[PDB]
> 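Lab note: silmitasertib/Dual specificity protein kinase CLK2 complex loaded, questions to follow.
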Amino acid sequence: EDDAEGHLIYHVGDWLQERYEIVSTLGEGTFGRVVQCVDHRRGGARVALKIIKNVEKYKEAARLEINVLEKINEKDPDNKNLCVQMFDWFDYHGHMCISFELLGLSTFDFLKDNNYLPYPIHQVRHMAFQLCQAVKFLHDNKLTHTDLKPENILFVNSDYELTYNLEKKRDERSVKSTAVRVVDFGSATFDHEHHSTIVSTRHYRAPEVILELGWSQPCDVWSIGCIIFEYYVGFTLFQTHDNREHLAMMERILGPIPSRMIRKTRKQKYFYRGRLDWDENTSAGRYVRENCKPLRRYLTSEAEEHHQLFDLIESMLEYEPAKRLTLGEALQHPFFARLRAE
Ligand SMILES: O=C(O)c1ccc2c(c1)nc(Nc1cccc(Cl)c1)c1ccncc12
């Protein structure tokens, strides 16, 4: 009973393994569909079931992800470290099905269903903290969630409040609680298993990955630095799909790539005479210089708390992966002082 592209054919009210009962669809992706379900063997707890196509490569992909979720569950027995919880998984007629705790909209969907209006800085703070907290729990267990984006950070609950802005004559949404979870472990890699060559989503991709210099945990921090910027202004920091433009935007926003990285990268067609081969006086050259600025010029306030957020973002968008801030040292960063510890 299969779709023309491999998906399960279901309707509201269908049952799965006479155990789950479909209520709604939450979304879809290339891999399959996520459905809201009631789980009558967990006393009617509401779950989110992921239904992946009959396609083998996805079936095998999910088996790897199921292993990562198994390990997360093994090393967070009290569900304190803010990665999504898998309650169950089963093979259903060639469809791999994973049972997750029910959460809300992503931090991206909310940001766009609010017209790409940034989150207020004190929300950026609790979101950034939880992000680092959860990705540090992975690093402390020899993992790299290879694919961090606002799409994969779910609000536990994205109920909000509407308020009218007298000042700016605008209807503003404000999510009530900022508890998040990190999701989508389909790409996470233990330290000891095989590493893909290219990982992450172009906009959140670290330069070491681009220059094929070898990657591990530090490349997540790069991602996190990009998501934080987006949380704070609404738009992605790097808006490209080409390597040389990408590498050129980084040089615009962060200054020149260090020579240690250049001389060592085998991607030498991007450089001439030790420097990035890029002519600012061209077609794409002045598209880059016009469409993004040095980092701290994106500051919307000289308040010291705002300078502390860009102090943070600057340390995660460091070129050299080992000069790059670690999540351990990030939970200790001055920017997170105003938070209440627990
Ligand atoms: O991959 C996971 O680990 C993963 C795990 C859980 C959820 C999820 C993705 N996506 C949700 N939303 C969503 C939104 C848009 C498209 C798609 Cl496919 C899904 C969702 C909602 C409520 N509860 C859990 C989830």
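Throughout, chain A uses the PDB entry numbering, with the displayed residues spanning 144-485 in order. For ligands, and for the atoms within them, numbers begin at 1 and follow the listed sequence.
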> Which residues from the surrounding chains have any heavy atom less than 4.0 Å away from silmitasertib (ligand 1)?
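On a heavy-atom basis, the binding site is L169, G170, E171, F174, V177, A191, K193, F243, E244, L245, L246, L297, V326, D327.
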> Which of the UniProt-annotated residues for ATP binding in chain A lie within 4.0 Å of silmitasertib (ligand 1), counting only non-hydrogen atoms?
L169, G170, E171, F174, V177, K193
> Which UniProt-annotated domain of chain A makes up the bulk of the interface with silmitasertib (ligand 1)?
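That's UniProt domain Protein kinase.
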> Which UniProt active-site residue of chain A lies at the shortest heavy-atom distance from silmitasertib (ligand 1), and what is that distance to 1 Å?
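Among UniProt active-site residues, the nearest by heavy atoms is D290, 9 Å.
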